[PDB]
J.: 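Structure of interest includes mirabegron; see the questions below.
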Amino acid sequence: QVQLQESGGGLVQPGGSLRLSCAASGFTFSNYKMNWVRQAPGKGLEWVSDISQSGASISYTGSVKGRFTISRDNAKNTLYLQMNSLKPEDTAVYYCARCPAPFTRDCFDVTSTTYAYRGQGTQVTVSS
Amino acid sequence: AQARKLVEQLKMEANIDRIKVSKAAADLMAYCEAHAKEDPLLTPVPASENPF
Amino acid sequence: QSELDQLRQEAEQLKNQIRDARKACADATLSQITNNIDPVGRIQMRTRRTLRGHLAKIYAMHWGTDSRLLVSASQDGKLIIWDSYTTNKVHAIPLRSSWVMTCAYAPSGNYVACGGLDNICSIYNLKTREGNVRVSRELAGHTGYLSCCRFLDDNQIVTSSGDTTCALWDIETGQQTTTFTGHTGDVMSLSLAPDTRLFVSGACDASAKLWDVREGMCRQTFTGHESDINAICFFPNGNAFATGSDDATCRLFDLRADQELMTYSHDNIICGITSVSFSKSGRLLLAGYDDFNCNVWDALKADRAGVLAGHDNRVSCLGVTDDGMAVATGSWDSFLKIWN
Amino acid sequence: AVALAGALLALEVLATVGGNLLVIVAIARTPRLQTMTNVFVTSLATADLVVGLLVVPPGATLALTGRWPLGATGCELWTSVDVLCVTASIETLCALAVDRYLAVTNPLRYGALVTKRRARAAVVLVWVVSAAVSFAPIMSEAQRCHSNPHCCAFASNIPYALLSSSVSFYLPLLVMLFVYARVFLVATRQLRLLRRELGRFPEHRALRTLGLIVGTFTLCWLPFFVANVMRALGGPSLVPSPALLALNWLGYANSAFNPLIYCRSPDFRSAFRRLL
Amino acid sequence: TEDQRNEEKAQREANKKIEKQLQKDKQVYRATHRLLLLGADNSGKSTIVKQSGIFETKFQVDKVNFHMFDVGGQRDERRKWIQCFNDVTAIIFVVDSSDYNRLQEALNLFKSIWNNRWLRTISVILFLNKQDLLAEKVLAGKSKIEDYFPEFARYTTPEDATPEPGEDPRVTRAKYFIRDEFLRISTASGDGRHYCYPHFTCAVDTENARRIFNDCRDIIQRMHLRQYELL
Ligand SMILES: Nc1nc(CC(=O)Nc2ccc(CCNC[C@H](O)c3ccccc3)cc2)cs1
């Protein structure tokens, strides 16, 4: 069964650093374009950053650009997201989505309210 | 009551009786072998009885 | 807060118990039992008929139980009933909504149902006392597109939808007798057991479920795939079924041992299955693909043996006759071949 | 060196008939190729097949051996059939030109303008006017080869020569040229728009295609028809008949080439590989 | 065998009468252009329908029948029911260029529509829908596009830009930054088989169905030019 369980971090101060890990399993990791979506408390789902099958075509959302670094490790079936210079606007739960089909450049319907290939999430609360 | 529903379903499914995959494999193989004689696609039929 | 995590921990331990009960009853794989049987050959089917009257892509077809008449639906809003022996079209039913994603043919031959992105399942009366094809009912309880519909009587159609809900209807009064919930995503196709005492359903969450039709309750859940399941079909003896997903793999699940037996995958096929169906003996497993051509999988060894061809676009619908004579495959180029 | 004219005949008749039959067939037994512009291509391939089957061989012999091998009635049959099929091929070339004119300069109201029934009616009118032009001299070196010395005399009546060369080549030339001029203007405009609107963030193909079309048409049929107009106006002194023969052979060479100009799409190429 | 010959006769006599009406339907169905109109919840597609699970809106400009249809009945996942629309002339993608918080969502939806096996030949008509709200929001100054798009501090108005006479050099830079975001997603992968035709629209544009005519005519003319090996 396709499962993607994240293990990130908890409480950090503004400007802190944190590294989310998403051990994907139950499917061939190398064929799918992974993602990272987040849900800020009192808001909808938004997309943060993707990465292609190899780790060659990275992309980011504007707010996350320069601060977050998404990197996959196809050898151990895991997806990382290094977070630097954390701001209070980044408090959310970080789901490690993946993409519906393999060998595709479209990642369709990935921030849907009820989406099938997506983790339970980990809460990254940045405060003091 | 939500995780309650999910877990009661998952329990109900954890009660049925399972046979070995060897027995189910043998049953499927036996059905295919026993009906192999009336498969117009597997064994191609002569042009006389073929309506197409 | 804590009760949710506690029940989730219990559900995880219980899923581990289910997995350990399924891995204990894994004596030997089907490929080991079938290593001693003769191969199937090289099935070379040829296009015995080419049915051409549709304007736009053909999205689904269904055979009559006489193995002669079939119905097909295309996205121009036409539901045509062909005579597959003479390639004459008996009726041409002009739908109300173009976007028709499925169709069925009553297992007696009297009625025909369709229904697509308008969330309703229209039901058409073919043998009317005036000779005209009018709409008998419009089952309008679904919230989302309608991705399959299989008659079970002249009165009791069952229907799959794009809102994770299968719904058994009652064509007489027009309201759903039962509602089957439990899927997470779009549910894409269903297939009644030969006795119609239960059925299976494949959904866009990489899982299939076995539904008791009387008790209206999910009996078992089968999850071995890796992406959306686009097509499902029962083995001719109702004790197994084959799912075809978008991860480019068909699999043979069995309701009894509750596992996956075969995996019909190769290293060169990276296109996803759009249709499956068995042969009357249950040996040949047809499978329509996105690379525009069907295959014919020997469904006891997993070796391909046979390949169909001759379509311009993807193969959308594919159905073997009830007596095992022909295999009609429609495709998005609006031509419906018939093989043999 | 007439001995190698044998190889010319062999590679010409075979190419013409084989190519045009292959085109007619692949259009006939493929449901994808039966568009509303391929009925014109089928008319073209039919005209060119009739030419390469029963116009090229007799005129070929008459050119090589300066004496008509058939009889007087055979001469009349050959004359009428060549005047018919040459005009039919040129007129269906003009009709293909106007077809893709309407398809490119009126793209929205095209599939409702040129349907299958109006296409077939236009093809039928093309062949009807060609047959009318061909049967003109049956009704009614002055009367020299009409003394049956076992030669074949082309209809050198000056009015018929001017009318045949006008209705057969000079009016289709006009139409096809200004049609393809407009199509070239719009194709190059769209190319320059697209190429400016594609290279904002870090080739001539209409010229090649339209040039291939109008050039393989005019290199092969313009020599003969200016020669024919001269032979009419001036006479046998201005144009001797062997020149007219070689120049007609040029046009039959054009009918050899036509299966390659209007049948280059991947649909035709796939439907050909499916045939071979 | 007279009864069987009568069977076949009255079957052919019905197939003929059916294929007659079906050729009529083929004539009608090809003079009509279909246009999947999709956007977001706040985009404003409801107000470009200027006439169940679909809102068909027929309209006719210059005697050509257009047939546009919003798809509202279904839920949020659109990866399966969107394949139904691979034979439409254009895909009218309307987006509100004012709400920056939900502009990367439209960018990602456009990038998924563009790079899709079945929509890979469909060209998108891009409507940027709330130009007056965008003018207001960017002239106010409380909302900065460089908070959501960090590369707006190094952007320079296009030289080919046509700033409507009477507007600020800030509104024009703002408009064209978003238009160029969508256009760069377009040109990064679209290999001539489909195009993107961006527009700037208000909620009162009364000449907004002529701009679909002029863009579908161009889409289809480029389709013809491209199939004649002539582009
Ligand atoms: N009066 C005289 N005859 C001769 C002897 C002689 O060889 N005559 C002759 C010359 C050429 C041809 C080929 C005909 N090419 C016709 C061409 O296809 C065409 C013409 C009009 C419209 C469309 C097409 C046949 C016979 C000496 S003097």
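Letters go in sequence order (proteins before strands), and every chain restarts at 1. So how was this one determined? The header says electron microscopy, 3.2 Å. One-based numbering, in listed order, for ligands and for the atoms of each.
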J.: What's the chief chain around mirabegron in this model, going by the PDB entry?
T.: Beta-3 adrenergic receptor
J.: Taking 4.0 Å as the heavy-atom contact limit, which other chains touch mirabegron?
T.: D
J.: Mind telling me which species the deposit lists for chain D?
T.: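 The entry records the organism as Canis lupus familiaris.
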J.: Which transmembrane segments of chain D are in heavy-atom contact with mirabegron at a cut-off of 4.0 Å, numbered from the N terminus per UniProt?
T.: 3, 5, 6, 7
J.: If you take every non-hydrogen atom within 4.0 Å of mirabegron, which residues does that pick out?
T.: D:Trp78, D:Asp82, D:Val86, D:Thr87, D:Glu141, D:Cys152, D:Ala153, D:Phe154, D:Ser156, D:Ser164, D:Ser168, D:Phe224, D:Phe225, D:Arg231, D:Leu245, D:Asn248, D:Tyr252
